[PDB]
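The following structure: diclofenac with Major histocompatibility complex class I-related protein 1.
Within every chain, numbering begins at 1; the chains are lettered A, B, ... in the order of the sequence lines, protein sequences first and strands thereafter. Every number for a ligand or one of its atoms is a count from 1 in the order of the listing.
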Amino acid sequence: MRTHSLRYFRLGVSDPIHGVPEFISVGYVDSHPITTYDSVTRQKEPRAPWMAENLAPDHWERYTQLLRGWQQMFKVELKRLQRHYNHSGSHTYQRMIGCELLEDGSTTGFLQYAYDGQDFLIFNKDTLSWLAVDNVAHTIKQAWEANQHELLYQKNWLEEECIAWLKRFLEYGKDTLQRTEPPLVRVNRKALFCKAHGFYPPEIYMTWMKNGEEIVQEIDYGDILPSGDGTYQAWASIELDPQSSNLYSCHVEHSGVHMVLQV
Amino acid sequence: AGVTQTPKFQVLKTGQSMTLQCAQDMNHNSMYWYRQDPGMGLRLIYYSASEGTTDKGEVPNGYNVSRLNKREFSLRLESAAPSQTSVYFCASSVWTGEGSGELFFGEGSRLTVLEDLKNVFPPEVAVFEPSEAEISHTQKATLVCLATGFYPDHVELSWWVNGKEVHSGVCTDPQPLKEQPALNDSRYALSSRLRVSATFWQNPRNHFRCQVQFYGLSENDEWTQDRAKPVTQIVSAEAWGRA
Amino acid sequence: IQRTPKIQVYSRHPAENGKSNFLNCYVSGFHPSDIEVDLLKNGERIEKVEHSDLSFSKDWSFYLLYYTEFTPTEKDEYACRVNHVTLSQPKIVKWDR
Amino acid sequence: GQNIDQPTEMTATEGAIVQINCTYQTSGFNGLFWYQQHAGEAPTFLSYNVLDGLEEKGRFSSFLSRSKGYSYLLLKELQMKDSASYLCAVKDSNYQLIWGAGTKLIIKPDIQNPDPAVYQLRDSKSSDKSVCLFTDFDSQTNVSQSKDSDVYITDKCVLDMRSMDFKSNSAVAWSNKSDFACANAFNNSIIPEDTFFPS
Ligand SMILES: O=C(O)Cc1ccccc1Nc1c(Cl)cccc1Cl
Ligand code: NA
Ligand code: NA
């Protein structure tokens, strides 16, 4: 297979304005949302049809309870952080946990915490330690690292349990997560715009080459964007030189297939 | 401190209401109710992940719970049944979900559910003084205490020497003895020994006392039998040292 | 540190006058998550506009996709107006072709 | 699954080493717990394993093999106070605990100077029961039921006179039936050949 990733996000906001929730939790396999929970619904609900189809009510009832607890725990350590920083008003607190299953068979695990959208605490499962970006984080770190049973737990979960979940979901959503839709590539003029659309997965490689050598460097890349139908689109541009004749060609790579469009 | 749970003992008729209380002062978020039965592992009845939510466990039928606050998690028997006869344990942890966090248990609560209280009996307690043969041969003196005829197994045996409770030199049967093992209704017996130096027993002003605390009926339990109402009571028997 | 939103306006398929299509407004790379996004048909709001749920990125930023169904014409010109904590006045990004 | 298996009961000698096994078949694995429960008391946390290897805490050690799906609790230099039930519990993929049925550890005391004897105890003036006491016998001696059931015999128990560092085994027999003597109290069980019977 390709590189597949499972990643779960949690957001905590201190003074949510108006109808904004104070706690949100969403799960992703690759680029697809699979499960969601907010402080208003207080339920864990499917966000993909193949998730609702394959997981018994037991699952949703069990994880609903757990997320209610996490809503509490996050509201409490957002308070302790905000006191240590001496920060008034609004601040955010985020958490990302997850796996990656690489094509070659290797894996990666990661668990991170964030404050105001900045790195705050990063876990290293290979050294069983927490990296702190400041001294507020350093204070939290010293307590966490004193409980090595907890650290050993996280290492085991990231390396075995998360990966196991991912394989489980990859099969649930096989018809979606493991399909290939090749890109449609064309070349426009204004600078040559190499434009691709209608492809999945969204991982795509585009570049311009002059006379057989890569432009190193002033290619202008466009972001990979969702089309709204499950496919994606992107582009790359280079300005054409009016002094010299040059063979410009756009190179696209996608799911193991290389493509060349010459001009 | 720690995890507090009440009552420690309880006798119930079919089918009577009952509420078990549990409190924890460790500022734990997750609390639990387990029942323990012979031959099988603990079974979760209900649990509470945090201060504002509860959910069913493995064996929720015939029960319900209320997480009153962050400290208190009460278990409730709707209508008592013989199958609900068990030891119940309250427990709490910092967090039920992700983590290496362990459980902190309460002392436990033994509930016995009967069709009627007609078979409830207090223990008969007798103390038996040491053999003079033992004292000559081993220079030690063993008092034996028997508590017989009681039901259910809701007893606590203890030895008292000169007004103060002792534990050294004491061995009490870890399980009680069924006097009529063939029967489901069978009353129990429980032996215990206190073994002291011969020079201790031979002092005439030393006082020995075997006390058995029994947990049976309370004031509000109905009693129609022609014998004494087997209420919660202490029953003792005593000895003094010989010459 | 607060991050301003990135606003991109594009069509689902290569647009042609007369052919039905979808107008997308992708808003990404902003923080905090508080945001409001509506599409413009030559100045006035479109009301029949769908959107995905809020989403999360590895760099702790959030993103969103707003979209309508439409048939592009020579006459019409579209835009997407976005308001965020990092913006003092509503930022308007017009659709190009 | 899901399933946790644990031996019902184990017997070992004082001063020796015992290894209590726990094999689990679960839906995922988030950690294995050991608990100690004394009879009549509440279970208390002993150890926690989640990664392969052996972790030591005093006389106790806990080992885990995730691949083989088993764990053991090792108790070195056994003492009488180690007599309890030991509970194995595995956390599954959904962080729910599965509990084993527990293992009861019985510790046989090292009796240095055996002196097996059955003593007739003094009658009480408040009971019709006559009482015999089998005592000071070796730990390999087992006590059996009475095949008479107006006679009541209790399983052996260990008392510790901690001011003399002295441990002894003892079983108690009693009855009110008129044909009951200590001479015949423990016939249905195997008592030592050198047992002392005072007249
Ligand atoms: O974080 C969430 O959105 C749900 C949640 C709650 C408690 C524990 C784990 C999870 N997420 C989760 C789930 Cl639901 C399945 C597999 C892997 C993970 Cl990290
Ligand atoms: Na295609
Ligand atoms: Na119930």
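Every copy of diclofenac included, the relevant parts of the model are ligand 1. Contact chains for diclofenac (heavy atom under 4.0 Å, other chains only): A, B, D.
For diclofenac, the heavy-atom contacts closer than 4.0 Å come from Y8(A), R10(A), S25(A), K44(A), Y63(A), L66(A), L67(A), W157(A), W165(A), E98(B), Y95(D). The name that the PDB assigns to chain D is MAIT T-cell receptor alpha chain. With a heavy-atom cut-off of 4.0 Å, diclofenac reaches these UniProt 2-amino-4-oxopteridine-6-carbaldehyde-binding residues of chain A: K44(A). In chain A, the residues that UniProt lists as binding pyridoxal and that have a heavy atom under 4.0 Å from diclofenac are these: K44(A).
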